[PDB]
Amino acid sequence: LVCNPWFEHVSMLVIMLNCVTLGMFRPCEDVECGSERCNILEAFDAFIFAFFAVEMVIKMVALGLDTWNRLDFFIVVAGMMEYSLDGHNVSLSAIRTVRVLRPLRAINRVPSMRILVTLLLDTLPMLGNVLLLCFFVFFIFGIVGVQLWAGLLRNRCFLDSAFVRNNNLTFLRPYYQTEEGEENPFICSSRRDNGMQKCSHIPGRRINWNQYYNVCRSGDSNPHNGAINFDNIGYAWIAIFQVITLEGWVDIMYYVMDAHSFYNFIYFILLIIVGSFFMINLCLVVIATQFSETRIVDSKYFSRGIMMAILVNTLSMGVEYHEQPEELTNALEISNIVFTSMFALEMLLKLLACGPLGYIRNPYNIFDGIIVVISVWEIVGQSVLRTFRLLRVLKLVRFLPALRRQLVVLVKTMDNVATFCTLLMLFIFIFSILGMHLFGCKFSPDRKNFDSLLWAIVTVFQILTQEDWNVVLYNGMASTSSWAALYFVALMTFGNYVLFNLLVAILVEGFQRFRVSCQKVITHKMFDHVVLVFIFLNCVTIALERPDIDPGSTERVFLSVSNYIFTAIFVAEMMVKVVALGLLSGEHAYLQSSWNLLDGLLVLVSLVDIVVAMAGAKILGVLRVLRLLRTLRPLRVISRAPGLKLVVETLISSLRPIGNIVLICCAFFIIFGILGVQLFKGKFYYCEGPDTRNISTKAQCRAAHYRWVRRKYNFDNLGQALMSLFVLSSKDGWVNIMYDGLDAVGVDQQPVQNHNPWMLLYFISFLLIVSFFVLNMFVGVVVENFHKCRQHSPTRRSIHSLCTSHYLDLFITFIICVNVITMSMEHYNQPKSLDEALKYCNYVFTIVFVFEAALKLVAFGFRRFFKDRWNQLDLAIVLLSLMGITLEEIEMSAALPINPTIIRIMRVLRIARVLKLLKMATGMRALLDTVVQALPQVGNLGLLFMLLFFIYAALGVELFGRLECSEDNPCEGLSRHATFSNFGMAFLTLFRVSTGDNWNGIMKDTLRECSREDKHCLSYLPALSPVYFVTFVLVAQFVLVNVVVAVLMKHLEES
Ligand SMILES: CCCCCCCCCCCCCCC(=O)OC[C@H](COP(=O)(O)OCCN)OC(=O)CCCCCCCCCCCCCC
Ligand SMILES: CC(C)CCC[C@@H](C)[C@H]1CC[C@H]2[C@@H]3CC=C4C[C@@H](OC(=O)CCC(=O)O)CC[C@]4(C)[C@H]3CC[C@]12C
Ligand SMILES: CC(C)CCC[C@@H](C)[C@H]1CC[C@H]2[C@@H]3CC=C4C[C@@H](OC(=O)CCC(=O)O)CC[C@]4(C)[C@H]3CC[C@]12C
Ligand SMILES: CC(C)CCC[C@@H](C)[C@H]1CC[C@H]2[C@@H]3CC=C4C[C@@H](OC(=O)CCC(=O)O)CC[C@]4(C)[C@H]3CC[C@]12C
Ligand SMILES: CC(C)CCC[C@@H](C)[C@H]1CC[C@H]2[C@@H]3CC=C4C[C@@H](OC(=O)CCC(=O)O)CC[C@]4(C)[C@H]3CC[C@]12C
Ligand SMILES: N#Cc1ccc(Cn2ccc(NC(=O)Cc3ccc(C4(C(F)(F)F)CC4)cc3)n2)nc1
Ligand SMILES: [Ca+2]
């Protein structure tokens, strides 16, 4: 019965049988319960539920009155309720959702997956300190958000009530809305605010009604069918949660910049730094520590000949592109024959030298043999075996022992990844079925739908990548209810929790006479400090450059002369140093260090700039190239600051251990790049027009007077494929590239939705494989740091007793906690009754804190009380609170000598009372202290991070400073808020690119061709744009990785 293993094996079979029936659910074909197919499936379910009841009875009888056993009971009890409740039509459908817990029974049946889930549950209790930090971020920013922006996103430009009445016309729509509709609302700034969007910015008619929408007042709905707003703490947390995921966070920012103030970016910068970066990466640090505590053939020249023969053949496959000349196609086929014969000859020579049994004795010769026959089969059989010619690159592993040793290391990591993958596939399946029940056939149909198991799994997988997940959120919120946000919050929170544990698992298994004067000047202690001043001043000059400076303005003269002065200063510095040290003769010569070589090249470029500028000559093309090299001057700061020099040298040395993983990843990119070109070249064209459902070919598009256009990210050649693959790997806009590959039909054919669903394998295989390599690169950097780190008064006494006792602290904690609850009840258009109640509560809290200060003064004495920092903090809040009440009362009275701006700030600043709770949080303070101890390392990397922004911010203004956006030339990433028009705006744009939020949209705007009528075009900008964004994205993320490592190592050593 229970003491035999076969009974469990029977239980496992039935558990798997349920998973099949659950996946067969059809949301809008099974809910009506009409089809015979549904009838048998429910019969199947009834059969299985009967066994699950029997299994309990036998086990209950055999053991009598373990978490997993309790789970078995809970599932059946709920199942019995649903099963027995049949007959009552009230909420019967809403009760069938309990069937999705059944696959959880497979956890206990599989031993390995049982042990893993035990560790996951045992690690949870030690995340309480991080969870407490999460509450502080959400509540501090949640309250600040509501008090600032409550009800502002309902603003719309309305018609005047008198205007519509007196003119006796009501055909106009009440408020201005774009032709698109309410999905692109025009949020205006009220009269009592200074938002960036006013009703005077409405475009004119394209018979002048748009100029009569001149009153800005609250509307009826918020953006996205009411999903995005700050009307109460409940909605402010959804906006804060979406920002922390870095998905569509700029859009939320732009809404409040239009409605409230431009300086609201400070709110979203701190939230991303504090909430997105530190608070999410502290989860990884805490788990990481906790988990740790818990005669001719054999010749070298012959081998080299084959090695280069394979390499040329593999690269020759990348010369394919869309419109190949037929002679080029033939050359590739002739080339295939030559290389095919060469490998065939090789097998013959080796077979004779060792014989068939000797030849088979080595696995690699077997692998090489199989390729030859398939390749020969292809020639004799003259598109299925053309794709298999990509396997020829795998032969290079034999000749690359260093790379071969890395491949086995990665493979050994996949033994413990498989355990987590099995848990994640079960995790995805449960949420895919759960979504089908909640949102099945209700997103009326969007491609991101839960209408079937295939696209429910794809949608759930997409949310885990955090790509357009907010689009799915708004659909779920609008269709069923606003509480549907908990489906996505639990899916993301639980999914990222499991993926951190996979990263930690790999880490732990990884741990297991004039010349005399010059010599004196350069050796002077103040030499670097003096030159560092001039370098800093040059930065101010570079940052003032922008395209809108008039050639004849005074500023242009100021900037132009400063260039002559600065170039003169930095040649003298080089000349003085060169004379002192010598150019290259002596051992201490000038060119014996790279940091000196860099300085010389910058000086050389500056001199050439003067020479060219001195030319009244056809040197316009060369001049623009020199302007780009003038933005690298700020690189001279690194050598002058010893802190920067050390960190910069540390990052370079960190790339050595992961050099081979990068090579394997780069080889992977080319292999998949070539494969994509063969599949998708010439098929990413489409017809662009208002009514295109009737078009099916290029010819019909021309007839309908539409335009036949190509996607920005395509696979027309290996150059275009590599750009597309990088956008996939970054997981920003990777769904749109996938859709194009799914819809591809052929050359000159209109793409059709979901034409080839089998292409999901191509795009989802690249995402997983590239993510695996990037996972092992992070582990490679950490392990290296670990290895190198380890190698290296009768009445007064009674009051004094009370203050010393813990009773006062517990009382204070209660008072602040209730003050926390009352601060969350504020919302837009709250009743006046609640206003008075909240105001009265403020009086009680202020009085309590005043008594709190008085008693401590009595107990400890004036100076001794003041010594404690916490006591100082207590005084500030009491003092701060007293002024807030005073300004509130006087303003509420007849006299009005105060600005409603000051009253708002004092109202907002009462959020500081939460800091009194930080005193009780001893565990949280220790967690914060770990970061505070890493500042010397994190501080220097921050300077490198801010230097990286300066160089690319100044380089962006030069390249993309003149791009325009208009209805004639629409743009997808750039807007009124995202531009490179000046250094100040380029800095904000790169911060968005740093977080990866629709950075692929910005790149598109730089790849789109120049107008035939416009001037100041740059013909090869499309070639330079991919380099600009690719390098910044890789470099910006790598620096942040080294910040995470610096904190991680300190937390390990600190224990
Ligand atoms: C650390 C704190 C938690 C962080 C988790 C972040 C994600 C939070 C998302 C949960 C909030 C979802 C509810 C949003 C809300 O309050 O407003 C919706 C609701 C209106 O719903 P209708 O669609 O019917 O609107 C039509 C109106 N006739 O608004 C309300 O009625 C307000 C009731 C709730 C007040 C806000 C407090 C909610 C408590 C949230 C706790 C969630 C914890 C999750 C960890
Ligand atoms: C060494 C660096 C880090 C010093 C600090 C950076 C400054 C040089 C930046 C920060 C703010 C920037 C300013 C922000 C806004 C403007 C307004 C704008 O000037 C205009 O002509 C107004 C717009 C218009 O013409 O309609 C663009 C330049 C300027 C002065 C920017 C010039 C460069 C500034 C001063
Ligand atoms: C080779 C690996 C190791 C490194 C990556 C190098 C790539 C960036 C190179 C290799 C092959 C190159 C391609 C070789 C041939 C062509 C065809 C050439 O065709 C045309 O000019 C298009 C004519 C037309 O169809 O109208 C355009 C450049 C392109 C795609 C090249 C772009 C740059 C590529 C992809
Ligand atoms: C390997 C990963 C990390 C990506 C590395 C950066 C690539 C995205 C860069 C490197 C070289 C770039 C290419 C260099 C030259 C050009 C110019 C131009 O080439 C063409 O002529 C193709 C278009 C045509 O057929 O007209 C268009 C962009 C392209 C292919 C670039 C596209 C982006 C590329 C592939
Ligand atoms: C302290 C933390 C753990 C939150 C829980 C405390 C509750 C006592 C507070 C938090 C937010 C408050 C809500 C904030 C906003 C609103 C909306 C307000 O107006 C509406 O019903 C608006 C309906 C809509 O437009 O969706 C009614 C009171 C209510 C539910 C409040 C009731 C009291 C709530 C739930
Ligand atoms: N100032 C500033 C600033 C602040 C925040 C932002 C946006 N951002 C948030 C986070 C972030 N990067 C990082 O955490 C660095 C990192 C990248 C990948 C990993 C992985 C995995 F865990 F992901 F798999 C193991 C491979 C770990 C660490 N960037 N941008 C600029
Ligand atoms: Ca995105």
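In this chain, numbering begins with 1 at the start of the sequence shown. How was it done? The header gives electron microscopy, 2.8 Å. Remember, it's 1-based here, ligands and their atoms both numbered in the order they're listed. Computed over heavy atoms, backbone and side chain alike; hydrogens, waters and symmetry mates excluded.
Out of BTA9881, ACT-709478, AT-001, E6201, MLN7243, the compound modeled at ligand 6 is ACT-709478.
The chain that ACT-709478 touches most here appears in UniProt under the name Voltage-dependent T-type calcium channel subunit alpha-1H.
Between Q1037 and ACT-709478, an N or O atom pair is found at a separation short of 3.5 Å. Ligand-side atoms of ACT-709478 in range of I272: 5 (C), range being under 4.0 angstrom from any heavy atom. In terms of protein heavy atoms, atom 31 (C) of ACT-709478 is closest to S994 OG, 3.4 Å.
Of the protein's non-hydrogen atoms, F945 CE2, 3.7 Å is the one closest to atom 2 (C) of ACT-709478. Taking a heavy-atom distance under 4.0 Å from ACT-709478 as the test, the passing transmembrane segments of chain A, by UniProt's count from the N terminus, are 6, 12, 18, 23, 24.
Of all the atoms in ACT-709478, the ones that sit under 4.0 Å from a non-hydrogen atom of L503 are 22 (F), 25 (C). Contacts between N281 and ACT-709478 below 4.0 angstrom, taking non-hydrogen atoms only, involve the side chain exclusively. Considering each of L246, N776, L507, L1040, the one bringing a non-hydrogen atom nearest atom 29 (N) of ACT-709478 is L1040. Of the listed residues (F778, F277, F500), the one carrying the non-hydrogen atom nearest atom 25 (C) of ACT-709478 is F778.
Counting protein heavy atoms under 4.0 angstrom from atom 23 (F) of ACT-709478 gives zero. Shortest contact from atom 3 (C) of ACT-709478 to any protein heavy atom: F991 CE1, 4.2 Å. Atom 6 (C) of ACT-709478 has its closest protein heavy atom at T995 CG2, 3.9 Å.
Of all the atoms in ACT-709478, the ones that sit under 4.0 Å from a non-hydrogen atom of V1041 are 15 (C), 16 (C), 17 (C).
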